[PDB]
Amino acid sequence: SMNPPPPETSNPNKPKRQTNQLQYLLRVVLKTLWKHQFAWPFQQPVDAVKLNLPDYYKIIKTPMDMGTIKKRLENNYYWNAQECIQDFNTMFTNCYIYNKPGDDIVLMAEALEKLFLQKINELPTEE
Ligand SMILES: COc1cc(OC)c2c(=O)[nH]c(-c3cc(C)c(OCCO)c(C)c3)nc2c1
């Protein structure tokens, strides 16, 4: 069994910025989700070998996780807040696509996503 390479977190020729919206995404959005009791399954790429999910990366072709997002934010990988918001949404959607309603992992994602939505509802206007 084999995992894919993780998503890119470094690319020196990708344009990047540090916007006030991106600072909010790190200091408020990521920090809130990361500390949550249900964060742990989402803090690193899905290890499809250790979890014995051999079809995971057959179904999930755009993997994302908060470990990857955390590194992207800390390394100022992004140009804009929409890029980062898309990553969070890709993470949640992958969970819903792969799993079944009412599974524990789906309940965990839902809890995290509720908080994500409440925080992004107050994303600041760009300075
Ligand atoms: C431990 O961290 C994770 C993270 C996950 O996603 C972010 C998942 C995830 O998306 N599905 C599952 C999961 C677990 C079991 C036992 C399942 O039945 C095995 C097939 O008979 C299925 C279909 C999914 N485990 C995760 C664990």
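Along the sequence shown, the residues carry numbers beginning at 1. These values consider heavy atoms only, across backbone and side chains, with no hydrogens, waters or symmetry-generated copies. So this one's X-ray crystallography, 1.7 Å, going by the header. All ligand and atom numbering here is 1-based and tracks the order in the structure.
- PDB records name the drug found at ligand 1 as RVX-208.
- Measured by close contacts, the chief partner of RVX-208 is listed under UniProt as Bromodomain-containing protein 4.
- Counting heavy atoms under 4.0 Å, the binding site of RVX-208 comprises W40, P41, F42, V46, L51, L53, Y98, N99, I105.
- With ligand atoms numbered from 1 in the order given, RVX-208 contributes 23 (C), 24 (C) to contacts under 4.0 Å with heavy atoms of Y98.
- Counting residues of chain A in contact with RVX-208, the top UniProt domain is Bromo 1.
- Entry annotation: chain A, source organism Homo sapiens.
- Distances below 4.0 Å separate heavy atoms of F42 from the following atoms of RVX-208: 7 (C).
- Annotation: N99 places an N or O atom under 3.5 Å from an N or O atom of RVX-208; distance criterion only.
- Near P41, meaning under 4.0 Å from one of its heavy atoms, RVX-208 places the atoms 2 (O), 3 (C), 4 (C), 7 (C).
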